[PDB]
Asker: 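The following entry shows chloramphenicol complexed with xenobiotic acetyltransferase.
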Amino acid sequence: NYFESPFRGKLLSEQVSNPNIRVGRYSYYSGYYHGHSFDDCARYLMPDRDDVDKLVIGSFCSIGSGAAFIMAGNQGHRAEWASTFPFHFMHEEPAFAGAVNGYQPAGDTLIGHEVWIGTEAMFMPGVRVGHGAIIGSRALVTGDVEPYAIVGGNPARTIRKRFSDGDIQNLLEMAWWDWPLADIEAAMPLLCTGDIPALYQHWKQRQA
Amino acid sequence: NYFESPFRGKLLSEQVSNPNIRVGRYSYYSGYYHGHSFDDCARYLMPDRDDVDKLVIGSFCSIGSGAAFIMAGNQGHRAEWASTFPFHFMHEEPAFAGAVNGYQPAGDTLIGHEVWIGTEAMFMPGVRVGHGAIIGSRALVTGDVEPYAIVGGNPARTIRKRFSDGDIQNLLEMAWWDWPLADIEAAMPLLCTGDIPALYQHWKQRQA
Amino acid sequence: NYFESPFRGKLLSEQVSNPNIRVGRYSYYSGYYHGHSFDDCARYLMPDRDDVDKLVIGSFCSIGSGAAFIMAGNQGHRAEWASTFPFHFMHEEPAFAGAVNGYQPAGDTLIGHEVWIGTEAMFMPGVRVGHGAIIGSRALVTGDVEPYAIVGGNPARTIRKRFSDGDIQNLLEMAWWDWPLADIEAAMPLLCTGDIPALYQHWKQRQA
Ligand SMILES: CCNC(=O)CCNC(=O)[C@H](O)C(C)(C)COP(=O)(O)OP(=O)(O)OC[C@H]1O[C@@H](n2cnc3c(N)ncnc32)[C@H](O)[C@@H]1OP(=O)(O)O
Ligand SMILES: CCNC(=O)CCNC(=O)[C@H](O)C(C)(C)COP(=O)(O)OP(=O)(O)OC[C@H]1O[C@@H](n2cnc3c(N)ncnc32)[C@H](O)[C@@H]1OP(=O)(O)O
Ligand SMILES: CCNC(=O)CCNC(=O)[C@H](O)C(C)(C)COP(=O)(O)OP(=O)(O)OC[C@H]1O[C@@H](n2cnc3c(N)ncnc32)[C@H](O)[C@@H]1OP(=O)(O)O
Ligand SMILES: O=C(N[C@H](CO)[C@H](O)c1ccc([N+](=O)[O-])cc1)C(Cl)Cl
Ligand SMILES: O=C(N[C@H](CO)[C@H](O)c1ccc([N+](=O)[O-])cc1)C(Cl)Cl
Ligand SMILES: O=C(N[C@H](CO)[C@H](O)c1ccc([N+](=O)[O-])cc1)C(Cl)Cl
């Protein structure tokens, strides 16, 4: 097992290896219950091409065991053609030669900052998860998620948002995830409360 | 790992081994992310009896990693009896001797032709998936699916059908999945479009 | 593989090892399709502390392969604070020193008697499943379940109850799961039917 205990995961920056996975600071993944390194979480991601959708993960994300990001767009299957069979890809059968390539990209999968993904959640290709969002365990994400939204279910739904629209707006304005570590340690006492307005002030103050 | 890469699966005809799994041509399974051969996808399927429900898979199916077909009907559990405990099966405890066998078959699980199953989809016992249907990833199929229907969710729902009722009817009439490989290669250019009516004509023509 | 066959599981009492998992008699788990012993089914459960929520499982339960019980309450993450990042736990970065511990227990997870859990069902922290309940496969349980209720889905829903409200009430009154094995073998013929009223009488009789 890549992990020594269920209670201690390892940084993304120290286990990612596919060049198409760009991870941010402090972000981590604890997958003892699935034994494999974060790399294998990005399914169907080619480390060999640069013409493909990439998995981008913000900073301070906490990724739960077994999470999975389905990549490679449609994988060559086209529901809108008469046949969803990847003829073009079965290069070993001649009959299927003239077969055209039905593959088509879906765009980078983006995971914002401070996103908490529950064990075994699965993201479809091309979705974009907003900052602070919380992805429920086993939630199957079929689309974009709003910042600070709480989703869950198959298909994933917004259960509610973490803070007030206004609070959210403030949180987005000060983007503490881009703050110099020194300021993070400074505002620390306030990061451990739900007093966004307090935190906002402390911010505005120091900015001076 | 039974598979060498996430981007290349192997034919069903070349890995199936349980006598109760009947697979069609070109149908395949790509399960690098789950390491095991297709055989273990048919859960609780006995290769030793012939008095059991069988997993039948049509031709040109594309089965995603981790797919799973729950077999053995009710497995001896009966929700309608005073106790769902398989007394009859705990043959090691005498008290549970007179226990009657609550096992009961549910019927062959049938997967039509050209069915695209998403990674980690799970089918309950006895369901029948129609031709061309698309099974969303992680979708839990609790019942029959219509030809060309797109299902997904836990429990799985029809999101929509791939083509028009009429188009569908045409597609079912020419069953290109039973066409001689030679004709398949012939109509190939048209199989890579969504012009069912065009394809229908090309068919009717050649039939002459 | 801890198991020799998909058709024969092993008692809980003979494989559990974490001191915080209290299992009842005859209860068992058949997880050949997931290879690991029941112990690893209780995720994030510390065998080293006694100040933590425990997984309690009643008697005569039939636990399906891959079932999973998410423990450790919130795991230190607090959706209601400005940041769901477990600062207090990243003890290797000084900036995050004053970080307060956001961990908070959710209470023992309780699985009543005669509960039939489907392969791959997942229970959230703190839920309490009532006696006789049936948990559908892949069902994600986000809350309490009623005795004799049938749930399923992500999130799990009650599909219906196994017996009549009255029948249920009778079943709860005679709690056959606490009956001396001798009486269990006696009423055996009636335990293999859906005649709760018959069973009730047979009970009342013998009680005399
Ligand atoms: C690292 C591994 N850790 C994990 O995977 C744990 C991550 N935790 C989760 O995903 C949690 O379930 C959540 C944070 C979403 C739960 O938060 P919270 O306690 O606020 O949800 P609640 O318990 O108040 O329930 C609120 C609603 O959310 C729903 N809900 C909770 N978790 C989920 C989930 N994973 N998927 C879908 N719905 C969910 C409940 O069904 C409920 O509403 P209902 O009674 O109308 O059906
Ligand atoms: C071999 C491994 N490959 C795979 O597993 C990939 C298979 N692909 C899938 O299962 C795909 O998600 C689908 C083909 C179903 C998506 O197709 P499509 O793009 O037409 O769905 P859309 O993105 O238009 O969304 C349409 C609806 O389908 C739903 N949907 C998509 N995928 C799923 C799924 N797996 N389960 C349930 N619902 C789904 C969406 O929630 C949406 O409706 P909403 O906004 O009202 O909630
Ligand atoms: C040890 C490994 N064994 C297993 O995992 C098998 C356990 N079996 C299950 O979980 C079964 O699916 C059940 C016992 C729940 C099915 O029982 P039953 O046959 O009475 O359900 P039905 O087939 O009558 O269908 C009734 C409803 O339950 C729903 N249902 C059945 N199984 C599930 C499930 N796992 N999750 C959610 N809903 C479910 C169906 O969708 C259906 O209603 P709908 O047509 O309105 O959508
Ligand atoms: O095995 C094959 N395809 C599967 C998907 O059905 C394989 O996992 C895959 C995934 C992505 C892909 N792509 O998008 O380039 C190609 C093949 C074809 Cl080569 Cl037959
Ligand atoms: O272990 C047992 N049963 C499980 C299901 O609870 C086993 O996986 C199984 C599956 C199917 C079956 N059948 O239908 O013949 C019997 C046992 C009994 Cl032997 Cl205690
Ligand atoms: O790796 C870590 N935490 C994860 C959860 O994000 C680990 O799986 C865990 C689970 C439970 C826990 N607890 O509640 O005591 C602590 C860490 C922190 Cl040490 Cl960075």
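Chains are named by letter, beginning with A, in the same order as the sequence lines. Chain A is numbered as in the PDB entry; shown residues: 3-210, in order. Chain B is numbered as in the PDB entry, which gives 3-210 for the residues shown. By the PDB entry numbering, chain C shows 3-210, in order. Order of appearance sets the numbers: ligands from 1, and atoms from 1 within every ligand. The figures that follow rest on heavy atoms only: side chains count, while hydrogens, waters and symmetry mates do not.
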Asker: What is the full set of ligands or chains that belong to chloramphenicol?
Answerer: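 You'll find it at ligands 4, 5 and 6.
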Asker: Within the structure, which other chains come under 4.0 Å from chloramphenicol (ligand 5) at some heavy atom?
Answerer: B, C
Asker: Which residue is it, and how far: the UniProt active-site residue of chain C nearest to chloramphenicol (ligand 5), by heavy-atom distance to 1 Å?
Answerer: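 Heavy-atom nearest UniProt active-site residue: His79(C), 33 Å.
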Asker: How is the binding site of chloramphenicol (ligand 5) composed, by chain and residue number, at heavy atoms under 4.0 Å?
Answerer: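 With non-hydrogen atoms counted, the site is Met48(B), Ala74(B), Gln77(B), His79(B), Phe91(B), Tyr105(B), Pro8(C), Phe9(C), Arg10(C), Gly11(C), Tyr30(C), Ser32(C).
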